Asks: 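Following up with a structure containing imipenem (open form).
Numbering of chain A is taken from the PDB entry, so the residues present carry the numbers 44-432, 437-466, 473-488, in order. Hydrogens, waters and symmetry mates play no part in the numbers below; they use all other heavy atoms, side chains included. All ligand and atom numbering here is 1-based and tracks the order in the structure.
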Amino acid sequence: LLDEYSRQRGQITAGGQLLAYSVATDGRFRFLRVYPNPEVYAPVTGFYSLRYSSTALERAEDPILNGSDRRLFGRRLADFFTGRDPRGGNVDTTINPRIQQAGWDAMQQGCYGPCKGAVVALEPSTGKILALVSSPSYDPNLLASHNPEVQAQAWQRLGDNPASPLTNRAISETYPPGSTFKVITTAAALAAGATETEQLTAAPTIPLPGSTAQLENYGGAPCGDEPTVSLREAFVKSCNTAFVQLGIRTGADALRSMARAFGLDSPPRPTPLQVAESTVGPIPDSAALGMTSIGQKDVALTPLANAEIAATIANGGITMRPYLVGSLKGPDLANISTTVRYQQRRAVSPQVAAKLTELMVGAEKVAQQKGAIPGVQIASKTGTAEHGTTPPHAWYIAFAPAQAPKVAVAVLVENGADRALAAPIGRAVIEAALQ
Ligand SMILES: *C(=O)[C@H]([C@@H](C)O)[C@H]1CC(SCCNC=N)=C(C(=O)O)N1
């Protein structure tokens, strides 16, 4: 450890701003790692610690940041030959500081006090991760201390915190998607040949086949005041029974297949950070299928996966591979690597994506309007999700402008559902993006 602290570790950057850098000190270990906006960027930087090693981008891009990367070998030779103090390379992220800060701020004020959860912003046409927010977060300056006791105390406080602030909730945790998963049930039906004008039950209640279990609308009220409702109408008003009926009519295999087409049960590519796998679940019976259709049973998504669903629809049906690192530099600022955007797969036809967009623009209009942006059209799906064996989660997925999208977001507020919170958070992130 002594020698690797005698060489100046390189910088983690966002928008030409520093997220992590190293300062020359009088310490036995010469360089101290500094995080100037610590809690906000901790999901992106991770920590770099004498006692506890590294996480996130400190760990992923460790060869570049410490200067040991093969691609940096010439610079290291030239410096030693010339007498120059050596320095590691730089990692330039895809994070937009304005959007990251707006996601964080909105999370710290959006639950009459701080929310627990995650915000992800994506650029639909490129796959760039524009923001990666987790709350509560922690201060990596605490683990950068050269004092063993300060590090050990911080490590212990963090690990005993029931809110688990070390966890990057945007990419490492999976949550039931609830109402947001109607986007997938809808996509599956549209692809199988159903249309927006198709008629579905408006009944307040629906039996689940092969069980005494029963599903209901919110909170026992009929979708319309008519016998049935159109698919568009049930989508925009987020009726449950209609979708239980739609999904079972569509069948398990079509639902599974659309779920995989949208990245579920599909091993995620590193960003370079590892992303937990999302799942539609086994769907072992028809009771399960009705429950899967409205985002429950065994469906579990990372906030990132849910932002990608929105980004895929925004991008005309094509999924761009999400990435966090735009380019790697050497100590001179010479380009070592530039990331090139990659089309992962087509999930749905331009037609189905267009249809889903219309429905989502309708769902946004029906929704609570706090934080709406004048002259900007937003396509969205709000929702709640039940979990465990408890207050439901609050979700918002969206993209904007709906006509030619520049940004897609997912907002998850753990336990945030009322009986509103997620959507204004989403819209502040969008607004910051479109500035
Ligand atoms: C979706 O999962 C839920 C639940 C019944 O399963 C329903 C209830 C709500 S919450 C209302 C939030 N309004 C908006 N901004 C919705 C919905 O998102 O409309 N779906």
Asks: From the contacts in this model, which chain binds imipenem (open form, ligand 1) most extensively, according to UniProt?
Replies: Peptidoglycan D,D-transpeptidase PbpA
Asks: Mind listing the residues near imipenem (open form, ligand 1)? I'm using heavy atoms under 4.0 Å.
Replies: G221, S222, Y261, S281, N283, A410, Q411, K424, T425, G426, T427, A473
Asks: State whether any protein heavy atom lies less than 4.0 Å from atom 7 (C) of imipenem (open form, ligand 1).
Replies: yes
Asks: Among protein heavy atoms, which sits nearest to atom 14 (C) of imipenem (open form, ligand 1), and what does the distance come to when rounded to 0.1 Å?
Replies: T425 OG1, 3.8 Å
Asks: What residue and heavy atom of the protein are closest to atom 19 (O) of imipenem (open form, ligand 1), and at what distance?
Replies: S281 CB, 3.4 Å
Asks: Got a sec? Which UniProt active-site residue of chain A is nearest to imipenem (open form, ligand 1), and what's the heavy-atom distance to 1 Å?
Replies: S222, 1 Å
Asks: Checking the N or O distance criterion of under 3.5 Å, is imipenem (open form, ligand 1) in contact with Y261?
Replies: no
Asks: Just jot down the imipenem (open form, ligand 1) atoms closer than 4.0 angstrom to any heavy atom of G426, in number order.
Replies: 18 (O)
Asks: Which residue and atom, if any, share a covalent bond with imipenem (open form, ligand 1) in this structure?
Replies: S222 OG
Asks: Please state which protein non-hydrogen atom is closest to atom 5 (C) of imipenem (open form, ligand 1) and give its distance, to 0.1 Å?
Replies: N283 ND2, 3.2 Å
Asks: Can you sort out which atoms of imipenem (open form, ligand 1) are near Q411, meaning under 4.0 Å from one of its heavy atoms?
Replies: 15 (N)
Asks: With a cut-off of 4.0 Å, which atoms of imipenem (open form, ligand 1) are near a heavy atom of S222?
Replies: 1 (C), 2 (O), 3 (C), 4 (C), 6 (O), 7 (C), 16 (C), 20 (N)
Asks: Polar-atom distance check: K225 versus imipenem (open form, ligand 1), any N or O pair below 3.5 Å?
Replies: no
Asks: I need the nearest protein heavy-atom contact for atom 4 (C) of imipenem (open form, ligand 1): residue, atom name and distance, please.
Replies: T427 OG1, 3.5 Å
